[PDB]
Novice: 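Submitted below is the structure of interest, expressed as structure tokens.
Start at 1 with the first residue, then count along the sequence. For ligands, and for the atoms within them, numbers begin at 1 and follow the listed sequence.
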Amino acid sequence: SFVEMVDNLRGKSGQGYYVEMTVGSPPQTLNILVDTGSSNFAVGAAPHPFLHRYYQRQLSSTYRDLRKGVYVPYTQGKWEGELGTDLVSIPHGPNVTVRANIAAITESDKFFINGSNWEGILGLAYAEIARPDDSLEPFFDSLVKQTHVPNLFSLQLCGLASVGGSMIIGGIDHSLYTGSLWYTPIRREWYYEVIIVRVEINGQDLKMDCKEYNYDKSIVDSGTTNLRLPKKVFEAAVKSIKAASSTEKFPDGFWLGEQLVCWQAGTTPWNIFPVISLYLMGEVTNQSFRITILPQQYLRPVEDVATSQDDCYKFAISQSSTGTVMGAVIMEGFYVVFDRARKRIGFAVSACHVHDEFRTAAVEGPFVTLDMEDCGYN
Ligand SMILES: C[C@@]1(c2nc(NC(=O)c3ncc(C(F)(F)F)cc3Cl)ccc2F)CO[C@@](C)(C(F)(F)F)C(N)=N1
């Protein structure tokens with residue numbers, strides 16, 4: 001039941017949200033990062049200083065070796081391993097056991113994070129971006145094929161350092177959001193690719209050709225902390241946020257995410273910072289809806305006992321050369337429905353949210369733009 005799935009996610013702020021899973025027979029319990037930005041189920045399978053436990057294939061009678069290596073290098077770090085299949089279950093997910101592909105990580109460099117409490121990654125995106133290639137069926141594809149679970153999942157990421165949330169597999173739990181769910185089409189089934197049609201900072205349009213917001217794609221990624229923007233959009237956004245917050249001046253390093261800004265505990269001047277709205281393409285021509293975030297979402301607290309006389313924050317909007325990434329900055333405080341069956345992503349205000357007494361994060365619409373331009377970059 002969905003009620004049994006509520007609060008099945010845990011994590012440390014900015015370290016990743018994870019769900020408990022079991023692999024093998026007899027079952028081995030592991031904490032697994034929920035990642036909508038990748039498509040491999042990859043688990044630590046050898047000792048590592050940052051791993052409390054790991055997958056021991058020799059203890060699983062149901063393990064099957066696929067006799068195929070896999071090497072996956074990312075911008076920061078890389079993982080090498082071996083492919084196989086085994087029985088997998090989600091103790092606080094659907095009441096089912098399925099056979100799924102598993103990449104057993106045997107060597108890695110700067111992939112596992114100290115103190116993150118996760119031992120692998122559940123890539124929830126599509127086969128097109130699976131490694132080594134699209135013939136390696138992702139976990140959610142196997143789950144849907146082998147069971148009667150509907151082809152949809154939803155995430156309620158709720159932003160001390162400990163975080164929580166819910167991953168609801170096979171449905172939408174109405175207790176997790178308020179107001180209406182607004183849907184944007186999935187443009188291509190690879191990443192969860194979407195289209196942004198307008199960006200406003202404190203109600204002021206950035207006034208760019210909308211293709212700039214999607215250069216070269218825009219994705220929804222629970223495996224990325226920041227709201228990451230293409231260079232041109234990022235520079236305009238920083239200029240606009242600086243203009244709104246000009247009563248206080250911060251080091252250049254802050255706007256580049258290289259330095260923290262600190263205030264005496266409880267004194268953060270939230271009202272000098274603007275709201276940011278991303279307008280997403282609707283399901284109907286030239287209609288859109290907006291997602292509006294507050295500074296409590298894009299100025300992320302950095303927990304550190306040593307600086308705890310203050311509240312210290314990192315600016316969580318950053319530049320990208322690979323397109324827009326709607327990471328946790330966007331997802332936390334919203335209930336996000338990955339409706340794979342209908343090729344669409346829904347957004348609603350979450351039951352767990354940031355609102356202070358002046359402003360509230362929102363999901364609202366509809367908005368019309370009679371300008372007929374397609375905002376898709378490719
Ligand atoms: C597979 C890959 C990947 N992701 C992570 N993620 C995290 O550790 C992480 N996750 C969520 C959050 C929070 F919840 F706070 F947002 C904070 C963190 Cl710090 C770690 C290793 C790794 F290889 C590739 O890199 C990206 C980012 C890719 F570049 F592909 F986008 C991705 N999506 N998945």
Novice: Which one of RWJ-671818, CNP520, RAF265 is the drug located at ligand 1?
Specialist: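 The drug at ligand 1 is CNP520.
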Novice: Look up in the PDB entry the name of the chain with the most contacts to CNP520.
Specialist: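 Most heavy-atom pairs under 4.5 Å are with Beta-secretase 1.
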Novice: In the protein, what heavy atom is nearest to atom 29 (F) of CNP520, and what distance, to one decimal place, separates them?
Specialist: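 Protein heavy atom with the smallest distance to atom 29 (F) of CNP520: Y74 CD2, 4.8 Å.
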Novice: Write out the residue and atom name of the closest protein heavy atom to atom 30 (F) of CNP520, then the distance separating them to 0.1 Å.
Specialist: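 Minimum-distance protein heavy atom for atom 30 (F) of CNP520 reads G37 O, 3.7 Å.
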Novice: Looking at residues of chain A within contact distance of CNP520, which UniProt domain do most of them fall in?
Specialist: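 UniProt domain: Peptidase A1.
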Novice: Give the atoms of CNP520, by number and element, whose distance to some non-hydrogen atom of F111 is under 4.0 Å.
Specialist: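 Selected atoms, number and element: 21 (C), 22 (C), 23 (F).
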Novice: Could you tell me the residue and atom name of the protein heavy atom closest to atom 3 (C) of CNP520, and the distance to it rounded to 0.1 Å?
Specialist: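 Going by distance alone, atom 3 (C) of CNP520 is nearest to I121 CD1, 3.8 Å.
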Novice: At a 4.0 Å cut-off, with the gap strictly under it, does some heavy atom of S222 reach an atom of CNP520?
Specialist: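 Right, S222 reaches CNP520.
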Novice: In terms of atom number and element, which parts of CNP520 are under 4.0 angstrom from non-hydrogen atoms of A328?
Specialist: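 Numbered from 1, CNP520 contributes 16 (F).
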Novice: Which residue from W118, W79, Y17, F112 reaches closest to atom 14 (F) of CNP520 through any of its heavy atoms?
Specialist: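 Shortest heavy-atom distance from atom 14 (F) of CNP520: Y17.
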Novice: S38 heavy atoms, cut-off 4.0 Å: which CNP520 atoms fall inside?
Specialist: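 Per the distance check, 1 (C).
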Novice: Looking at the entry, what source organism goes with chain A?
Specialist: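 Going by the entry: Homo sapiens.
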Novice: Heavy atom under 4.0 Å from CNP520: found in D221's side chain, backbone, both, or neither?
Specialist: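 Side chain only; the backbone of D221 stays clear of CNP520.
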Novice: Would you say atom 19 (Cl) of CNP520 touches the protein, meaning some protein heavy atom is under 4.0 Å from it?
Specialist: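 Protein heavy atoms within 4.0 Å of atom 19 (Cl) of CNP520 - there is at least one.
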Novice: Give me the nearest non-hydrogen protein atom to atom 27 (C) of CNP520 as residue plus atom name, then the distance to 0.1 Å.
Specialist: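 That would be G223 O, 3.3 Å.
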Novice: Which heavy atom of the protein is the closest neighbour of atom 13 (C) of CNP520, given with residue, atom name and distance?
Specialist: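 Nearest protein contact, heavy atoms only, for atom 13 (C) of CNP520 is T225 OG1, 3.8 Å.
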Novice: With a 4.0 Å cut-off on heavy atoms, does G14 reach CNP520?
Specialist: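 In this structure, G14 qualifies as a contact of CNP520 - some heavy atom is under 4.0 Å.
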Novice: Give me the nearest non-hydrogen protein atom to atom 1 (C) of CNP520 as residue plus atom name, then the distance to 0.1 Å.
Specialist: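 Sorting protein heavy atoms by distance from atom 1 (C) of CNP520 puts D35 OD2, 3.3 Å first.
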Novice: If you measure from each non-hydrogen atom of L157 to CNP520, which part falls under 4.0 Å: side chain, backbone, both or neither?
Specialist: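 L157 to CNP520: no contact under 4.0 Å from either part.
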Novice: Counting non-hydrogen protein atoms only, what is the nearest one to atom 8 (O) of CNP520? Give residue, atom name and distance.
Specialist: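 The protein heavy atom lying closest is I113 CD1, 3.2 Å.
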Novice: Backbone, side chain, both or neither: what part of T75 comes under 4.0 angstrom of CNP520, heavy atoms only?
Specialist: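 For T75, no heavy atom sits under 4.0 Å from CNP520.
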Novice: Show which residues surround CNP520 within 4.0 Å on heavy-atom distance.
Specialist: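 Counting heavy atoms, the site comprises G14, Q15, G16, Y17, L33, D35, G37, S38, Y74, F111, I113, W118, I121, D221, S222, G223, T224, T225, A328.
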